Each structure stands twice: as structure tokens, then as C-alpha cells.
Peer 1: 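Consider the following structure, which includes mupirocin.
Order of the sequence lines fixes the chain letters, A, B, ..., with proteins taken first and strands second; residue numbering starts at 1 for each chain. Every number for a ligand or one of its atoms is a count from 1 in the order of the listing. Just so it is clear, the values below take in all heavy atoms, side chains as well, and ignore hydrogens, waters and symmetry mates.
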Amino acid sequence: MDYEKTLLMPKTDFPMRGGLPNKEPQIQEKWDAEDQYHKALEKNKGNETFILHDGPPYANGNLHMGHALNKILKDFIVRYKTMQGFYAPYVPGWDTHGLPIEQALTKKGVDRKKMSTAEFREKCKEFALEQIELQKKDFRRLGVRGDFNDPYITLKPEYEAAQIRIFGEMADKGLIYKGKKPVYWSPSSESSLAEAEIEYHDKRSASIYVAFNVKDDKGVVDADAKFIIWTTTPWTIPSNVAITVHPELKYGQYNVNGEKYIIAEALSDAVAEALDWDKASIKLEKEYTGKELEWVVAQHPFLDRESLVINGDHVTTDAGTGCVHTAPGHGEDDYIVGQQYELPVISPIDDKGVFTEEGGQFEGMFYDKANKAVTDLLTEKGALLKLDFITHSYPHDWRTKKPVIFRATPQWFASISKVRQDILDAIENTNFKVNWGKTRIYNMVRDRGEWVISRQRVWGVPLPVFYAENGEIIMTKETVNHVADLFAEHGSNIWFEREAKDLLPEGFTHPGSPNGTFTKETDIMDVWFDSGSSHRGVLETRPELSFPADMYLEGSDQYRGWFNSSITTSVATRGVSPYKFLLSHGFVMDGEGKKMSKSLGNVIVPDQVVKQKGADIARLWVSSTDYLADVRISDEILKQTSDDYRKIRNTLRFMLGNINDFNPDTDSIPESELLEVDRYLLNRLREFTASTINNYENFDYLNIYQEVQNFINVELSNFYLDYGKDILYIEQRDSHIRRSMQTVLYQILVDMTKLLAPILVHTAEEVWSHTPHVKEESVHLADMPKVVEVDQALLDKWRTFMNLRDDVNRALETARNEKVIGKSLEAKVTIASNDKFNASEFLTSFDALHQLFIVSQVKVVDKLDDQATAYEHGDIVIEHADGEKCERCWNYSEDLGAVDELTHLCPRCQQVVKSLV
RNA sequence: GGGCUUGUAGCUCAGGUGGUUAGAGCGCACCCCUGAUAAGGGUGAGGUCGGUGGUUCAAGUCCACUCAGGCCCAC
Ligand SMILES: C/C(=C\C(=O)OCCCCCCCCC(=O)O)C[C@@H]1OC[C@H](C[C@@H]2O[C@H]2[C@@H](C)[C@H](C)O)[C@H](O)[C@@H]1O
Ligand SMILES: [K+]
Ligand SMILES: [Mg+2]
Ligand SMILES: [Mg+2]
Ligand SMILES: [Mg+2]
Ligand SMILES: [Mg+2]
Ligand SMILES: [Mg+2]
Ligand SMILES: [Mg+2]
Ligand SMILES: [Mg+2]
Ligand SMILES: [Mg+2]
Ligand SMILES: [Mg+2]
Ligand SMILES: [Mg+2]
Ligand SMILES: [Zn+2]
Ligand SMILES: [Zn+2]
């Protein structure tokens, strides 16, 4: 007859293959339907709280692997805290203002000039919300649990109003002020431009050398040797302002003939070389320290009146002559280092290349031809020049293809310098996972210049400022807070819909404008300000949250980004960091650790990992990366992830099928009555559990990925589950020995699925769904197993038994290569003490060595002759087992018997079978 | 160029105060099993630690320089 019918084979419909791309949507569908997000919250209703504040991704485009890495790590954290009983609301957010979106619309074919600000802004909003829906869909497909149905958005009235109140408070503490800054300006478009509207094209520029003297006397500290000058911009000459000097680097030359001017060290060679001067390459003499040449007061001719100073510099040396000269009226950093000191803003020029003030003969022409021929009047006619024509790449208006120039424009600033030390101190009191995180942002805030907070665009939050003709600036608590009031109720659009007096309080009045009339600012705030105020607009505003967030977690680029604008803004108005803990991760690279491009074809997108392999696979990958640095993804990397996932899943499947008939409520064996081998695994489970919780407490998911594998592969699959077959399949269903293993098997099943739940969200649920008798619905609404003390002596004892098992297996291998044995069951193992190990005594405290080694018989003797091979754990002798093969359990027995139609059954199996019938 | 950061076996990772033949899991090779079967067991082969030079009796582990990466600036 057939023996398999009497066997107890595993039973479960839990599939070996995941089918993730088709199973996960259903599971997600159910989680939403049963509003688990809010259920998870009410489950921990009055417990300690954990607030992880989400940084708002930009509402434009497709999520990339970075969004996935970042969101999945966040979910790990909140899920684990939730599973430890913490009330941990996770509310995603979206960054919705900014130039990029205005551009998307324009590129889409919207066209501002043809509808008005109000209609264009609504178009931006409509677009942002559409993008959000798409992104929200993708985020949820990763298995992330969060308030996705009621996320915070920077375009929401309440958020905008909060942002305004932040602007108001900073303005009150005197941290907001109006000034000016140079910006790309297109005389063609009669408007300023951002780098995104700039494209380079070669241009004909007449470069000249205007060597200017060093009169006065304050600068005659070292002779009266003139200071040369070279500008590729003749119109950038009527801007008499300082010169240059890169501290440390010195040299002055002072050479024969001419006037013994000044060049430089690494410059000299490539300086006079083109100066046409080479009257016997005359040698230098009295070089006078560059760096130290500060305040070397020098009158710069051409029709000057003021002498130009010189201060520290940042980047000057190169093919470009050592003589730079400045004029904050038309220069990027030419304005920074050139302003700290009493410096008057130079040059005019209206929205058109035309100027007026200070302009001599050229009082109404342009910045071009009015130079190359006009201003070229004032040149070598006293400053020794060399009018040359050169070609180089130059900034151009991308639509008009015409040249762009720098021009100082009124801008608004946030006074970082006044709150600097305050931010530094808040950082010092901020916790970090790694010390360099603290150092990076520290030096950041330390070397940070003033914050330009204004932009001349329409898609954003308006600076709540009003102007009173007579002078200007109306920015008081009353005015800002009333604007906040309106914004809170109508949103920012109100600003573009109403007149100034409608945006002002109760029939407001001010000394300015005796006629009760007012003007309003038009600039909007920099988007960094928008997100940077998220701690106010969401943490302080929403009921479920609390201002100081337990932590912020984002990419490395946020040290200059959201981490920075958020702390700057929070310290300014609250005096504290908006985050008690700052955790950052790296970027996602390809397999070689190189940037994903597209021209290179090494991208890999989240949407594809999910569709092709599954969200649970994208997640396991995350847990396996050392996120504190850059991480790497590729097809070979993911094939690995797939292979580990299959092993975890398959192992869980086997355990599931073998506890299908186990009812914990009535079949469990007391710990004190478990077979010792079962108590050993129960303790390996406790050890693995303790270790994993610790890892979760430290955000060390990589350690869990590593340990889970070793526990699943080595302890379970390789050993316990294998050895268990001779028990689970053969013993009587309700026998003490079978129920003892099931008792531990069940606990491991349950606990391990719970311990993995934060990571393998879908599979954990699917396994939970196939486990009999689990209390709660959903693993995700259950608590982590409690950490208990392990029996260390039991562990050491079995650790040694395991190392002894390896020697046996080695002995079994040798014998198997010799065809002496096939499966380990056809073997008889004899072992005895060695000089290296007292095997005989040690093996005395173990039961059923034959089952433990998966062999038919084990004989412990005491001593073996010089036939037995020696092992680290004793001498071992392997030979084919005695007796005949029992057709049921496949162990060899010398006492096979028949039970009715079933022959060749060992005594053990005869008993099990007889109890069937 | 500046701040911070990474480089150990095919892959992902371990390797306190420097000290015998650098560890793990997977993968791979070969063998066994065929009662987890688009499964399972076993053995074994692979790194000299990005490079060079030093400190030291002795360095993956300390120093210097260097190569190739990464984020953010300077640009
Ligand atoms: C780890 C990251 C990127 C990455 O790893 O890079 C992924 C690789 C890019 C894909 C290449 C595509 C081809 C393009 C080509 O051709 O070159 C960065 C992270 O992102 C997610 C979050 C985004 C929000 O903005 C952040 C904040 C806090 C603020 C409010 O804005 C997170 O905070 C962080 O910023
Ligand atoms: K088999
Ligand atoms: Mg680790
Ligand atoms: Mg294995
Ligand atoms: Mg390597
Ligand atoms: Mg490697
Ligand atoms: Mg590492
Ligand atoms: Mg191996
Ligand atoms: Mg080498
Ligand atoms: Mg050496
Ligand atoms: Mg020596
Ligand atoms: Mg060491
Ligand atoms: Zn061109
Ligand atoms: Zn039997």
C-alpha cells in the first residue's frame, strides 16, 4: 500500500512564488478600506508620541529612487514605533510653489501674458494638485502608511498664513530688511532672469587693460606704482569700486620701466607676456605682499574722485590677470566681498540697455556700442591700454538669443548674521546618528552669507509688505498679521486679486500718503522659505502633531536645503531646533557607485521595481543598504534582493504548513516540558529577537537584513526545519514530541513575521492571513514580541554541539563521495573523545543523536583505533547503517514489521500507524 | 579650489584600544535527495583589504600623499 497517506505533510495555500505585483495592490486596497492609518493611531491613543516630520517633496515630475529610499526608511521608523505602542502620526506633505512649475505650464503652452496673474496662478495650482495625485499614487504603491488622504500642502490657506506669521515675527525681531543685489538682466525682455532662462552663446567683447595709478598716500605704503586693470566690459568701468587680493598669496613685482606696477606669482609669466612688454624681460625687485595690501587707498583716474580699496578674496588667480577691480553694480561675488565696507552702489541703466545718471556723454544710448567706441574715449589716454577683440561664451536670453548683463535690483534679505550664533547653539544641542552630520550643517550655518528671500515671480507666497508714498516700508505686526488673517481665510490669491487698501486693516492710516493711498510689494518668497516653515504650518497647526519633531529624515542635499531653512526659521522665531534628532541618508547610485544618468542607461526607477518585482522587494533592498552613505542599485543587486526574498518567503511557507493543525490555545507544550533541542531554538529566537529590536532602536536595518538571513538559512532551513521532518511528518499528530516542536515553530513563525512587518509589509500581512489563531487582524496592528533574557549556557552548549555537527557532516561528506552512503539516513555514526575534544562525555547530555544528525544510528564509544579520522570535536567513523529501510520514515531498522497491508515499518512507525486505522 | 563623505572576496555587509593562515549570508562549483519539488541537504573554491610611501618588531586598523567616486558650494 501507500505510506505517504499515513504521513503528516505540510498544508497551506500560501504560495511559494510571491506574485507581488498582483497581490500587493489587493492588500493595500484592504488596508485603506479598513482605514488602518487612523486605526493604528487610535490603537496607541494615549501613549507616548513619536513625531517624524515629512520634508515636502516637490509637486512636479516622477518619483525617483531617492523618494523611494527616503519614504521607505520613514515608514520603517513609524511602523516600528507604532508597533511599540507609540502614537506616531505620519503626515506627508507637498511643496507646490516655485519657478519649475511656472515653467512646466509655460512649456505646456499656457502663456502668462494672455490671462493675468490670478488666472495663471490658478493654472499653477491645478497643475500642482494633478502632480500630487500621481505622486501620492506611487508613494502608496510602496506600501507606505501615512495621512495620504489629508496631506499638508504649501498652497493651503492655513499653511500660507503660518508662513506669513513667520515672516512677521522675523521682521519684528529686526531680521528682515530691504537692500539690493546684482541679477541677470535682459534688456531685450526688460526683465530679470533666473539661470533657467539663460543659455550661452559666443559674443564679441572688446577686452582692454586700464592700468590705474596709486596716488593718495594712505596707499603709498609701498611706492606709487600703479595698479593695472582688465575688464571685458567697457561699461563696467564707470563703477569705481575697490580692487582685489587673495589673502596668503602675495607678490607685487615692481619691475623696471613703465611704472613698476603689480602682477603676481603664478601670474607674472602669463601676464606681461601679453602686455606686449618684454624690454629685456626686466627682472623684478621689491614685490610687496599681495594679501596684506588692504586699504591701499588708490585713486582710479578716468575721471574718478574716490580711491578703491582691497579686501580678502575667494577665487581670483588664473589666466585672468592678477588685476581684477570691482564694481558691485554689476557683479555676483563682486558684490559680496564688495559691500562689507562703505561702498556706494554703482551704475544706472533702466529695464532697457539705456542709462542716465553719472553717464557722461552717454546719457541715453545703450550698454553696447556706447562702449566699444564711445566709452573707449576714457582708456589708454592716461591708463595705458590695449583695445582687443576676443570671443568667449557669454550669458544670453534663451528666448531672444540676445545678451544678458548684471544689474543691481532691490531684493529682500533675512539676517542670518544676527541669528547665526543662535542657530549654531541649537545645532550643538541637536542629536545626530553620526557626528559628521553635526559638523556639516554647523560649518554650513557658520560660513553662510545673508539669505535672499525674494523672487520677482508670481507663483508663491507674497511678501506681506505695503508701501506708503512719501518713503515706503509698512511692515508692522498689525499689517502682517491682518494679511495672515486674510490668507488663512482666502489663501495667497487674495493678494493678487485685491488692491492695497483692501489688504490693509480697519481703514488703516499712516503718516505717509496724506491721501490714505497705499502701494503693495509684488515679490514672492523663495520656496526654501515655504518648506522651511513647515514646522509652523504643520507641526504647530495640526492637532495630531507637536512642534518639536522627534526627527527630520532626508537626503544629504538637505543640509543646505530643508534642514537649513527649517532650523534657521525655527530658531529665529522659536529659539529652538524644529527637530530633536537629525538623520540623513545618501543618494542612490548605480552598481558602480556612479550617478544614474539616462545617456548611460543605468537609471532604474521606483515604478519599475514595483511593477516588475514588487514593493516588498524595493523595501528589502532599502533595508540592505548602508544608507548613511550613498547606496547602490542595479539589476544584479536586485536579483540578489529577489533571491533573499524568495528564501525568507519559502522558509515562512514551510513553517506555516507545519503548524496548520496546531492550536496554540490547546496543544502547546509548557517550556519546562519541551525537548531540549526545542528549548534551544526557543532561545535562539529570543536572542534574535533581542538583537533585532536593538537594531530597530538604532535605525540599523542593514544589521537586520544580515541577521534575518543567517537566522533563516542556518538555524532554521539548514538545521531545525530539516531535522524536524523526521518528527513533524512521522510522529503521531498529537504526540508530545511533535507538539513540542510545533509549540516553538509557531512562536518563531508569529514573532518573526511581526519582527519583519515594518519591512516586508505585504508579505508579513499575507503570512499573518495564513496563520491560525492569531488574535488581531493585520500584523501591522499587533505589538512587537517582548524582549526576554536568553539562557546563555544552553546557547554555548548547543553552539558547541553545532560545531560538532559540522565535523560529522564533513565525515558524512567524505563517506558520501565514496558512495558508501547516499542520503545521511543510510549512515551509522560512531564517534569518540579525542585529544582535542571529550566527545564521549559531551555527547552524553543529548537525546536522539540519530535524529539530530539526520542519520539512522549514532554510537558513542569512548575510543577508536587508528582507522577513525580525527576532528576538532573527536574521532569519527562512518559506515552504512544497519538493518533495512523503513518504507515510512526512511530510517534504517533491524526490526521492520508489517501493520496490515503496510510492510517494512520500523517499531516506531508501526505504533504511529496502529494509532491511525 | 572649499566643507562633509565613500572605496574589504562575484553581490550586500562584519572586522573595539594595530598582533597567528581577514569573517558572514547570498551567489557560484561539485555532490546528495526527490515526502517543502519553478523546493530541500551537504562539501568546496573565491578577497591581502583602491594605489604608493611611511610610523612600528608588527597595520585592513595609525600618518602622509595619491586615484576613482558622492552631496553641496566656489563656478
Ligand atoms: C536621495 C535623493 C536623491 C537621489 O538619490 O537621486 C536619485 C537619482 C536621480 C534619478 C536620475 C534620473 C535621470 C536624470 C538625469 O538624466 O541625470 C534625495 C532625496 O529625495 C527625496 C526627498 C525630496 C524632497 O526635495 C526634498 C526636500 C526635503 C525639500 C522640501 O525639497 C528627500 O528629502 C531628498 O531630497
Ligand atoms: K528531496
Ligand atoms: Mg552594519
Ligand atoms: Mg542555504
Ligand atoms: Mg571592492
Ligand atoms: Mg564590494
Ligand atoms: Mg561598511
Ligand atoms: Mg559558500
Ligand atoms: Mg594590493
Ligand atoms: Mg609597510
Ligand atoms: Mg623600521
Ligand atoms: Mg583590529
Ligand atoms: Zn550660439
Ligand atoms: Zn519508520
Peer 1: Do you know where to find mupirocin in this model, all copies counted?
Peer 2: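 Counting every copy, ligand 1.
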Peer 1: Identify the main binding partner of mupirocin (ligand 1) here and report its name as listed in UniProt.
Peer 2: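 Most heavy-atom pairs belong to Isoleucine--tRNA ligase.
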Peer 1: Which chain letters belong to other chains having any non-hydrogen atom below 4.0 Å from mupirocin (ligand 1)?
Peer 2: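 Non-hydrogen contacts: A.
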Peer 1: Determine, considering heavy atoms only, which of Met596(A), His67(A), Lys74(A), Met589(A) sits nearest to atom 8 (C) of mupirocin (ligand 1).
Peer 2: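 Shortest heavy-atom distance from atom 8 (C) of mupirocin (ligand 1): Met596(A).
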Peer 1: Does some non-hydrogen atom of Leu69(A) fall short of 4.0 Å from mupirocin (ligand 1)?
Peer 2: no
Peer 1: N/O of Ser531(A) under 3.5 Å from N/O of mupirocin (ligand 1), yes or no?
Peer 2: no
Peer 1: When you compare mupirocin (ligand 1) with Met65(A), is there at least one nitrogen or oxygen pair between them that comes in under 3.5 angstrom?
Peer 2: no
Peer 1: My understanding is that we take every heavy atom of each candidate and find the minimum distance to atom 16 (O) of mupirocin (ligand 1). Doing that for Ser597(A), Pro606(A), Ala68(A), which one comes out nearest?
Peer 2: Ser597(A)
Peer 1: Which mupirocin (ligand 1) atoms are under 4.0 Å away from a heavy-atom of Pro56(A)?
Peer 2: 29 (C), 30 (C), 31 (O)
Peer 1: Mupirocin (ligand 1) versus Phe587(A), non-hydrogen atoms closer than 4.0 Å: side chain, backbone, both, neither?
Peer 2: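 The answer is both, backbone and side chain.
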Peer 1: Report yes or no: does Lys595(A) have a heavy atom closer than 4.0 Å to mupirocin (ligand 1)?
Peer 2: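 False for this residue.
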Peer 1: Point out the residues of chain A that UniProt assigns to ATP binding and that have a heavy atom under 4.0 Å from mupirocin (ligand 1).
Peer 2: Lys598(A)
Peer 1: Is there a heavy atom of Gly586(A) sitting under 4.0 angstrom from any atom of mupirocin (ligand 1)?
Peer 2: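 Flag set, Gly586(A) near mupirocin (ligand 1).
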Peer 1: Counting from 1, what mupirocin (ligand 1) atoms have a heavy atom of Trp562(A) closer than 4.0 Å?
Peer 2: 28 (C)
Peer 1: Filter the residues UniProt lists as binding L-isoleucyl-5'-AMP in chain A to those having a heavy atom under 4.0 Å from mupirocin (ligand 1).
Peer 2: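 A heavy atom under 4.0 Å occurs in these UniProt residues: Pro56(A), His67(A), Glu554(A), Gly555(A), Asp557(A), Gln558(A), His585(A).
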Peer 1: What atoms in mupirocin (ligand 1) come closer than 4.0 Å to a heavy atom of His585(A)?
Peer 2: 1 (C)
Peer 1: Check whether any N or O atom of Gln558(A), backbone or side chain, sits under 3.5 Å from an N or O atom of mupirocin (ligand 1), and answer yes or no.
Peer 2: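 Checking mupirocin (ligand 1) against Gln558(A), an N or O pair does fall under 3.5 Å apart.
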Peer 1: Taking heavy atoms and a cut-off of 4.0 Å, what residues surround mupirocin (ligand 1)?
Peer 2: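 Counting heavy atoms, the site comprises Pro56(A), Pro57(A), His64(A), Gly66(A), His67(A), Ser531(A), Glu554(A), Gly555(A), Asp557(A), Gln558(A), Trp562(A), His585(A), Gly586(A), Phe587(A), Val588(A), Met596(A), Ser597(A), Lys598(A).
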